[PDB]
Structures are given as C-alpha cells and as structure tokens.
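Model: Protease / ligand atazanavir.
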Protein chains: 2
Amino acid sequence: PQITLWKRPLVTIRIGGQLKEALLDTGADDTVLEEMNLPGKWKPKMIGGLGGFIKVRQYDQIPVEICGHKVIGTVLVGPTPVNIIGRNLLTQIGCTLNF
Amino acid sequence: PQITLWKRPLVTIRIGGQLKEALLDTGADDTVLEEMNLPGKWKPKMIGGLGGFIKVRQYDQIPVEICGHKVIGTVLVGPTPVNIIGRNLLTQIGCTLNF
Ligand SMILES: COC(=O)N[C@H](C(=O)N[C@@H](Cc1ccccc1)[C@@H](O)CN(Cc1ccc(-c2ccccn2)cc1)NC(=O)[C@@H](NC(=O)OC)C(C)(C)C)C(C)(C)C
C-alpha cells in the first residue's frame, strides 16, 4: 500500500509464527528485532544509531512475512527498543519512498 | 521522486544558506541535525536512539529546504553521526512509503 508518515509506520510482521509489530525504517541499513530465539548459526555483530551501539546476533536466510509479503534475508536480534525493518528487507518487497 | 532503498536515501537539504547531506528517515519521529548554530530560542530535549538517549537543543519553526521543497518545522541539533530528516518534515513534503 501507500502509507502515511503522520504516525510511525508500524506494521505487523510474521517470523516463525511469531506475530510482531515492526517499524518500516528507510534510515536503517539492517533489520533488527527485539530479543527472541531463532534456530541456526549466528554471528556476533554490533550495530549503531544515536546514543551508541548494541551487540546483536546475526541470523542469515530467515523468512519473514511483512504485510502479506514473504521475504527471506538477514535478521539481527538484540536489545533494540523496537523491531525495525531496514532496507535489506524493504528492498525485497519493492518498497520505495515517494513524494 | 520514487526513491528506491537499495542505497541510503541521502538528499540535499538547505538550512539558512548552509547546504548539507541528510538521510530521509521514516524510523525517526524527529529531524536531528549535526552540530550547528541556529538563530532563536531553544529548549533542551532528550531523544532516544538504538543505543540510548542523547540530549539535543530544540529549535522551533526553522525553515528547511528538502530537494527544493520549502518546509518549516522543528529541528533538533546535537550529537548525531548524520543529518536526519524525520517524519515531522517528511510529512510536510507529502512523503509516503509505497510497496
Ligand atoms: C548505519 O547505521 C544504521 O543504519 N543504523 C540504524 C539506525 O539507528 N537508524 C536511525 C538513523 C541513523 C542512521 C545512521 C546512524 C545513526 C542513526 C533511525 O532510522 C532509526 N532509529 C532507531 C530507533 C528507532 C526507534 C526507536 C523507538 C524508541 C521508542 C519507541 C519507538 N521507537 C528507537 C530507536 N531512530 C532513531 O534513532 C530516532 N528515534 C526515534 O524516532 O524514537 C522514538 C531518532 C533519530 C529521532 C533519535 C539501525 C541500527 C536501526 C540499523
């Protein structure tokens, strides 16, 4: 859909049959989700915004469902205040910014 | 434009004769610029990124130009790595997320 920015662009995502609320974020290189167990090998990583960096676990080739759109790619898991769909996944659903 | 997210959505902003590079950021409630002097009164705010909070100075009714779109609103100044155009000014240019 075409979506407004008068409110935060929160959408429902599906991961491992977990239902979660996540932010569509054009200012995020990566996708970062709050703490959750995902199966498989992961590598340690740090990511940062304002305020400093956080340590996360990097899971590759994770399926996610974003508003009826089934993508698979890299998911970071760690102490993020909120679930964040960054450009790696936004790209996979043909999401653009428009004005 | 219809901006793909295959790269970071970096654009030119003009603020008081200063040209700057800034990131179109749907994950940001607020617009946050790196350290600069701005005219007028200001209030301290605290804003929260991924790593925690920073203190900024809030300037109200600051004219800003985004891709030659003339906009006026709240601009926060402080220790950000990158000039961030948040939703307060993205809504002013009629910006939507499309997928
Ligand atoms: C290359 O680095 C990045 O891309 N960093 C990303 C990042 O932090 N992006 C920032 C912008 C940014 C880019 C590059 C360097 C530094 C910062 C934002 O897109 C997402 N970010 C991360 C973030 C987003 C939301 C929230 C949040 C908190 C409480 C409730 C809802 N959301 C917290 C952190 N948002 C905020 O930090 C904003 N915060 C905000 O809008 O808070 C209400 C600010 C900006 C206004 C402070 C991620 C770690 C998410 C991948």
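The chains carry the letters A, B, and so on, in the order of their sequence lines. All chain A residue numbers match the PDB entry; in order, they span 1-99. Throughout, chain B uses the PDB entry numbering, with the displayed residues spanning 1-99 in order. Note that ligands are numbered from 1 as they come in the structure, with each ligand's atoms numbered from 1 the same way. Atoms considered below: every heavy atom in the structure, side chains included; atoms not considered: hydrogens, waters and symmetry mates.
Going by heavy atoms, the other chains that come closer than 4.0 Å to atazanavir are A, B.
The residue-level binding site of atazanavir (heavy-atom cut-off 4.0 Å) is A:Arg8, A:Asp25, A:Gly27, A:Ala28, A:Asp29, A:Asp30, A:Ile47, A:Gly48, A:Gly49, A:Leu50, A:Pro81, A:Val82, A:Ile84, B:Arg8, B:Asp25, B:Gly27, B:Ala28, B:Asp29, B:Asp30, B:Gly48, B:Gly49, B:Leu50, B:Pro81, B:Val82, B:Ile84.
Every atom of atazanavir is numbered from 1 in the order shown, and the set under 4.0 Å from a heavy atom of B:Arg8 is 1 (C).
Protein heavy atom nearest atom 21 (N) of atazanavir, with residue, atom name and distance: B:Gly27 O, 4.1 Å. Any N or O atom pair closer than 3.5 Å counts here, and A:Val82 shares no such pair with atazanavir. In this deposit, the organism assigned to chain A is Hiv-1 m:b_arv2/sf2.
For atom 45 (C) of atazanavir, the nearest non-hydrogen atom of the protein is B:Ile84 CD1, 3.7 Å.
From the protein, the heavy atom lying nearest to atom 20 (C) of atazanavir is A:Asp25 OD2, 2.9 Å. Interface atoms of atazanavir facing A:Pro81, defined by a heavy-atom separation under 4.0 Å, are 28 (C), 33 (C). In terms of protein heavy-atom proximity, atom 41 (O) of atazanavir is nearest to B:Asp29 N, 2.8 Å. What sits closest to atom 16 (C) of atazanavir on the protein, heavy atoms only, is A:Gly49 CA, 3.4 Å. The N/O atoms of A:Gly48, backbone and side chain alike, include one that comes under 3.5 Å of an N/O atom in atazanavir.
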